[PDB]
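Here is a PDB entry that includes avapritinib.
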Amino acid sequence: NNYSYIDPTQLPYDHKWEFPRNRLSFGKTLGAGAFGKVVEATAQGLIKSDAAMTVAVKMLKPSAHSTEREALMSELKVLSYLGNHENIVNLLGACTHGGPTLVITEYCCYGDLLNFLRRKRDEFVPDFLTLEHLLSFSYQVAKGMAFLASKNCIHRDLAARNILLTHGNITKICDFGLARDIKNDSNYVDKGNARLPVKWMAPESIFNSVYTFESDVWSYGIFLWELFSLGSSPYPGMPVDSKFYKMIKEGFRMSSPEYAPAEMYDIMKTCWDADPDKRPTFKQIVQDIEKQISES
Ligand SMILES: Cn1cc(-c2cc3c(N4CCN(c5ncc([C@@](C)(N)c6ccc(F)cc6)cn5)CC4)ncnn3c2)cn1
């Protein structure tokens, strides 16, 4: 074993990220859960010494178990190893002393795509949301995940609620709390006992707790359905129950959403192949959508 995969979570925290927490002023809460929250904040002198900048800050509550603190640090280390990409919510800094650990990321001023699509739903036509916008969002998300996959990382919670929108109609993948580097094993088996995004999950993830590059692609197919339905909930009217799992196992798939081009529903159908090996890669999806964009 003289050659090994470098586990990014085993690498030392790089203090190049460190930022004084008293230069942050917290604002509105952007998301919250049992373990912690993400808040809007002003960062004084973060990039330029004399300028204030709006950021998002991720934090655990003081009651958070030791397991949660290490997990937030592991997320920080994954983001540090991944590096910058246009289509992810990038790491900007961290506060690792003087209080609870804070992870400072880019702030996306339009919020999550799911809520955005639901707002623009009434005024959509194929500042009006158009089909060109939807194709762009599909392309940008595929580019972001191709980047993640090229770094041997899986996200494991891809969904329109975890895609954010910023200036210039740029979409960024967010929430890397469950992202894993799967270099060594080519998959990840989840040993946890958390609430899971069942309607976005590949059947092998539901039934065998197996997560792979191919299960991220399944979720991307679901995301496309959210996108071209302008934010409808997946499997409308179907609760998550015995019948849901049975139908998924037997091959039931959502039909084409109202505004999806035939070539985009073709992508979703392949993303939802019961055989993971028959699903496209994100690199293939990027190329496919690139062709569709250039044909207007
Ligand atoms: C109305 N509006 C909204 C935005 C907006 C929203 C974000 C954003 N997000 C916020 C949501 N997210 C998020 N919420 C909760 C968790 C937790 C609960 N699971 C969690 C928290 C801390 C922790 F230690 C462990 C888990 C995780 N993540 C992140 C993405 N990031 C950037 N800009 N931005 C801009 C803009 N207008």
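The residue numbers of chain A are those assigned by the PDB entry, with the residues present covering 566-691, 762-931 sequentially. Computation of the quantities below employed the complete heavy-atom set of this structure, encompassing side-chain atoms and omitting hydrogens, waters and symmetry-equivalent molecules. According to its header, the structure was obtained by X-ray crystallography, 1.7 Å. In listed order, ligands and their atoms are each counted from 1.
The chain with the most heavy-atom contacts to avapritinib in this structure is named in the PDB entry as Mast/stem cell growth factor receptor Kit. The set of residues with a heavy atom less than 4.0 Å from avapritinib is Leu595, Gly596, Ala597, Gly598, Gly601, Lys602, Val603, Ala621, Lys623, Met624, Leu625, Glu671, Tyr672, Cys673, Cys674, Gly676, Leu799, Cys809, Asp810. Close contacts of avapritinib with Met624, meaning ligand atoms under 4.0 Å from a residue heavy atom, involve 22 (C), 23 (C), 24 (F).
With ligand atoms numbered from 1 in the order given, avapritinib contributes 3 (C), 4 (C), 5 (C), 6 (C), 7 (C), 10 (C), 34 (N), 35 (C) to contacts under 4.0 Å with heavy atoms of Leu595. Near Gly601, the atoms of avapritinib lying under 4.0 angstrom from a non-hydrogen atom of the residue are 18 (C), 21 (C), 22 (C). Per UniProt, the domain of chain A home to most contacts with avapritinib is Protein kinase.
Using a 4.0 Å cut-off to heavy atoms of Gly598, the atoms of avapritinib that qualify are 18 (C).
Within the listing of avapritinib, atoms 32 (C), 33 (N) sit less than 4.0 angstrom from a heavy atom of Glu671.
Under a heavy-atom cut-off of 4.0 Å from avapritinib, the UniProt Mg(2+)-binding residues of chain A that qualify: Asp810. Intersecting the UniProt ATP-binding annotation for chain A with heavy-atom proximity to avapritinib (under 4.0 Å) gives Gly596, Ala597, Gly598, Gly601, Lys602, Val603, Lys623, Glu671, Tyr672, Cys673, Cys674, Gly676. Close approach of avapritinib to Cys673 (heavy-atom distance below 4.0 Å) involves ligand atoms 4 (C), 5 (C), 33 (N), 34 (N), 35 (C), 36 (C).
Looking at the UniProt active-site residues in chain A, the one nearest to avapritinib by heavy-atom distance, rounded to 1 Å, is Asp792, 8 Å. Residue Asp810 has at least one heavy-atom neighbour below 4.0 Å for each of these atoms of avapritinib: 27 (C), 28 (N).
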